[PDB]
Every structure is written in structure tokens, then in C-alpha cells.
Undergrad: 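Attaching a single structure in C-alpha cells format; questions to follow.
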Amino acid sequence: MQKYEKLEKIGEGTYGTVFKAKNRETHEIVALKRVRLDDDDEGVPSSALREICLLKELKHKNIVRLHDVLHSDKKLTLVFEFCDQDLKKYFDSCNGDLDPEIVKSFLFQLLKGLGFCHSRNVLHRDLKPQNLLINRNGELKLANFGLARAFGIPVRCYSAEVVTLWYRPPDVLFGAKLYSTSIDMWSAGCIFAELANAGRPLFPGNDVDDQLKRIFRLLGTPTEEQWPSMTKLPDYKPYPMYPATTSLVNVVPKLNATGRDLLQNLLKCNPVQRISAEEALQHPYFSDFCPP
Amino acid sequence: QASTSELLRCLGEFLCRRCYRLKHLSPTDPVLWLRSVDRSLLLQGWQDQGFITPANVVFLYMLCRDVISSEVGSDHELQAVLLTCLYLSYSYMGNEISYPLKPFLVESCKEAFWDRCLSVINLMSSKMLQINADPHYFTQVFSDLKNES
Ligand SMILES: CC[C@H](CO)Nc1nc(NCc2ccccc2)c2ncn(C(C)C)c2n1
């Protein structure tokens, strides 16, 4: 813009370029998301307008804060708070070795931000480390709402082509057209496991089939009794029955019994069985903690 | 009166009543402009299915009732405004991540379209969420749309 001095390029987002900038009047450091409006990449403004609409209504310390939107030229500039790094880069800086208390802090803050979105009827649908911003304060912020949507209005279906593959729940992998807040709860469980280990994705599948196998191989294959509507989903196919007796101990070594119990509650295959963000924050894993 | 065609007619009849200066506007004109966009997006492969559903028409009406001035001076202007509201409904409620600008743009001035987009979001972002989060508000808007016939 003309109110802002560009200091450097942070990277590319889902629909624009991200810069670190300084407000020439208040001297505050901000982040700018710039979006070209004279496209040859035709649909990009659409996701930006959606992000603006949602973030205007999502004001919470653990959700990245949109301050302003400027329209100045052939571009839309969104002005956000600046954050120092994303969780993916943070994993590289600390050799994927988080202290257990930072593991707890990051999950807690993620669940607070996600709880706030869910209670305001918004699904994020792109929960992954790169969409989590970290401050030197140690504050964590949910960012990048370009794939997010409001929910509640009667709808035929939602898109099943949501969430990066590694973070997508089994029901959506089986092609579920209707999902709730549960979709983001699975992804948060996936992140929890990265935090509580060595910062590598728990389920790095190469495609939908591989992804489902990875999940079932660790967690066990759900039975009809645990998940009666599983066989009725649009892209259901029979999987092998892997036992539910596989230990999580070595998969998340930073976690105690209480931590492993919360993880298993997030990583339920049946979305109806998945713990809500509100209930996860009441979990004994967070009972002796800092903020409240 | 929960059919898509019926509600679209209700919206067309509402727009004719709202825009009193437009003496030669047919209530079928808005219906035609909306259907054309949805059909073109389908045929050109931007979407798998049509966006114009009963609930999305209620959503669009909720935007139009607050955004569209009684003082609109031309049919062309109405179309530009309505298509702005439609494009924001696609961006907010649609199942694809992006929709292109071309079917929605009827003005020579692109920058007036983006300015109107931001002005509408500034006015409506709260209600756009509320109509999802509050089923009684949705029902009230759907009832109002019906009573426009
Ligand atoms: C573009 C890549 C990076 C992905 O997290 N995005 C990013 N990264 C941000 N900060 C982390 C970072 C800073 C510098 C280099 C690399 C990462 C950041 N701060 C505010 N915002 C948005 C919400 C405008 C930020 N966006």
C-alpha cells in the first residue's frame, strides 16, 4: 500500500502473496496479504472475500487477527497481525523436539481458537502445521481461512475435497458429504501427534487408499457396532480388520496416559464419537495449566 | 412455495417493488440473470452442480433486501448490484473454493465492482454468519421471501 512499507516477502499463501510490513504512521509491524484483481488465475478474489467475511466475525486471541482491508489498485491488501513463524518452520528450528509443556500449551491454544470458530458456526477445514502461527510470546494462532465456511443453513452437501490428505478424517476419506465440527477435531488430533513426537505427520499417505490404511493400521479398523453408517458412505470399500490393540506409547513418547486418552478421543474414526473442542478443553490433560 | 423457481420469482417480484424507478423491469429479468450465471458456471466446468437452491435463494434475498437501494436508476445498475450480491453468495456459500469474475461482471469499471463487494461485506458479514448460526433467523427470512408474492 502507501500507508505501509514492505520489509520482506514471507511467502505465498493459498490465494496471494504475504509480506512483512511497517505502518508508516504508527510504526507497527504487520503482515500484508496482497491479492491481484486483474486475473489470469481467475477465481482468487473469491476465497479472499470469504476470508474477509469470516475473519471480521472471528475476533479471538488464538485466531489470526484481520485489522484492515485496502483496495488500491488492481489489488486487495488484507492487513493482519504479524506472527514470527509457522509451526512447520518451528519444527525445523527446534529439531522437532518440543518440551511437554509447550506441547500442552500449543494444543490448548489451538483448541481455544477452534472452539471459538465452532461455537460461532465456522469450520476451518484446512488444519495443518503451516496454518498455525507462533509468536515469540509462545502464542499460537489459527490462520488461513480461505478454505473455511460458515455452517448451519440447510445444504444438499459440502465438498468432500477438503483438508490436506494427511489431516483428513476417515469419514471424509470415505466421501462423506455432510460433516460437522468433527472434521477439524480429527486434524487437531493429527497435529497433537506431531507435537508429541518429532514433528512428522502421523499419517503421510500417498493417496486416499493409503491414507485410510495408515489410519486403520494404527488405530484399528472400526466395526459396524462402533460405526454403523460407515458402510453406507459414498466411497466406502472394505478394508482389512487391523486390531485395536496397537500401543500408542512409542507413537507419542512425550505423552502420559492422560495425553494418550485425549489423543484417542480426537482420533475417533466415527465423527459422532469425536470429542468436541469445548470438551477437550475440560479434559484432565489441561487441568493444571496456565491461562485461566 | 419451497421450490427454487417459486422463491426466485418471489425475489424477482420483490426487486420490482423495491426498485420503483425501473418502469420496464420484468420480475422475470432477475430470474433470467441468476439462472444464466449458474448455467454458464456449470457448462464451463466451474462447478459440478447448480448453486441456485432454495436455501441459497433465501441467502441472496437476505443480502438484496438490505443492499439494494429503492433509488437504483437503471436496469443495468440493478443487474450490477444483484450480481455482486450473487458473487458474494457464491464465495460465501458455494462448494467450490473459487468462482471466476467474468459471469458476474456487467460494468466497464472493474474497480466499482470490487468496491461494492467490500461495502456489502462491511454491511452484511454479521448477517451472513447469523443466517447460518440461527435457524430461527433463517426461517424468518424464508417466510419473508415467501410473503413477497
Ligand atoms: C505465506 C506462508 C506462511 C504460511 O504460514 N504465511 C504466513 N506466515 C506468517 N508468519 C510466519 C512467518 C514469518 C516469516 C517467515 C516465515 C513464516 C504470517 N503472519 C501473519 N500472516 C497472515 C495471516 C497474513 C502470516 N502468514
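Chain IDs: alphabetical, in sequence-line order. Chain A is numbered as in the PDB entry; the shown residues are, in order, 1-292. What you see of chain B is 145-293, where the numbers are those given in the PDB entry. Whatever order the structure lists ligands and atoms in, that order sets their numbers, starting from 1. Just the heavy atoms: all of them, side chains too, but no hydrogens, waters or symmetry mates, feed the values below. Looking at the header, which is where the method is noted, we find X-ray crystallography, 2.2 Å.
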Undergrad: What drug shows up at ligand 1?
TA: R-roscovitine
Undergrad: Okay, contact question: for R-roscovitine, which chain racks up the most heavy-atom pairs under 4.5 Å? Name from UniProt, please.
TA: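 Per UniProt, the chief partner is Cyclin-dependent kinase 5.
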Undergrad: State which other chains have a heavy atom under 4.0 Å from an atom of R-roscovitine.
TA: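 Going by non-hydrogen atoms, A.
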Undergrad: Which UniProt-defined active-site residue in chain A approaches R-roscovitine most closely, and at what heavy-atom distance to 1 Å?
TA: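 Nearest UniProt active-site residue and heavy-atom distance: A:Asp126, 10 Å.
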Undergrad: Heavy atom to atom 22 (C) of R-roscovitine, shortest distance: which of A:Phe80, A:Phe82, A:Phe145 holds it?
TA: A:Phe80
Undergrad: I'd like to check which R-roscovitine atoms, numbered from 1 as shown, lie under 4.0 Å from a non-hydrogen atom of A:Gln85.
TA: 11 (C), 12 (C)
Undergrad: Could you list the atoms of R-roscovitine found under 4.0 angstrom from a heavy atom of A:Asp84?
TA: 11 (C), 12 (C), 13 (C), 14 (C)
Undergrad: Is the shortest N/O to N/O distance between A:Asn144 and R-roscovitine below 3.5 Å?
TA: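 Between A:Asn144 and R-roscovitine (N or O atoms, distance only) the closest approach is not under 3.5 Å.
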Undergrad: Closest non-hydrogen protein atom to atom 26 (N) of R-roscovitine, residue and atom name please, with distance?
TA: A:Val18 CG1, 3.8 Å
Undergrad: Got the closest protein heavy atom to atom 1 (C) of R-roscovitine, with its distance?
TA: A:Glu12 O, 3.4 Å
Undergrad: Specify the residue and atom forming a covalent bond with R-roscovitine in the deposited structure.
TA: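 Covalent attachment: none.
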Undergrad: For A:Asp86, counting its heavy atoms only, list the atoms of R-roscovitine lying under 4.0 Å from any of them.
TA: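 Once the distances to A:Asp86 are compared, the set is 4 (C), 5 (O), 11 (C).
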Undergrad: Write out the residue and atom name of the closest protein heavy atom to atom 8 (N) of R-roscovitine, then the distance separating them to 0.1 Å.
TA: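 Residue, atom and distance for the closest contact: A:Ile10 CG2, 3.6 Å.
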Undergrad: Does the residue A:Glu81 have a heavy-atom contact with R-roscovitine, meaning some pair of atoms that are separated by less than 4.0 Å?
TA: yes
Undergrad: Where does R-roscovitine share space with the UniProt ATP-binding residues of chain A, that is, which have a heavy atom under 4.0 Å from it?
TA: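 A heavy atom under 4.0 Å occurs in these UniProt residues: A:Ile10, A:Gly11, A:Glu12, A:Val18.
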Undergrad: I'm curious, what organism does the PDB give for chain A?
TA: Homo sapiens
Undergrad: Against R-roscovitine, which UniProt domain of chain A provides the most contacting residues?
TA: Protein kinase
Undergrad: Would you mind checking which non-hydrogen protein atom is closest to atom 5 (O) of R-roscovitine, with the distance to 0.1 Å?
TA: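 Checking every protein heavy atom, the shortest distance to atom 5 (O) of R-roscovitine gives A:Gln130 O, 2.8 Å.
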Undergrad: Between A:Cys83 and R-roscovitine, does any nitrogen or oxygen pair lie at a separation below 3.5 Å?
TA: yes
Undergrad: Among all protein heavy atoms, pick the one closest to atom 21 (N) of R-roscovitine and tell me residue, atom and distance.
TA: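 In this structure, atom 21 (N) of R-roscovitine has A:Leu133 CD1, 3.7 Å as its nearest protein heavy atom.
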Undergrad: Quick one: which R-roscovitine atoms are inside 4.0 Å of a heavy atom on A:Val64?
TA: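 R-roscovitine atoms under the 4.0 Å threshold to A:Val64: 23 (C).
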Undergrad: Using a 4.0 Å heavy-atom cut-off, say whether A:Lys20 meets R-roscovitine through its side chain, its backbone, both or neither.
TA: neither
Undergrad: List the residues forming the binding site of R-roscovitine, heavy atoms under 4.0 Å.
TA: A:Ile10, A:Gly11, A:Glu12, A:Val18, A:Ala31, A:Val64, A:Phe80, A:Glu81, A:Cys83, A:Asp84, A:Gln85, A:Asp86, A:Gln130, A:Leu133
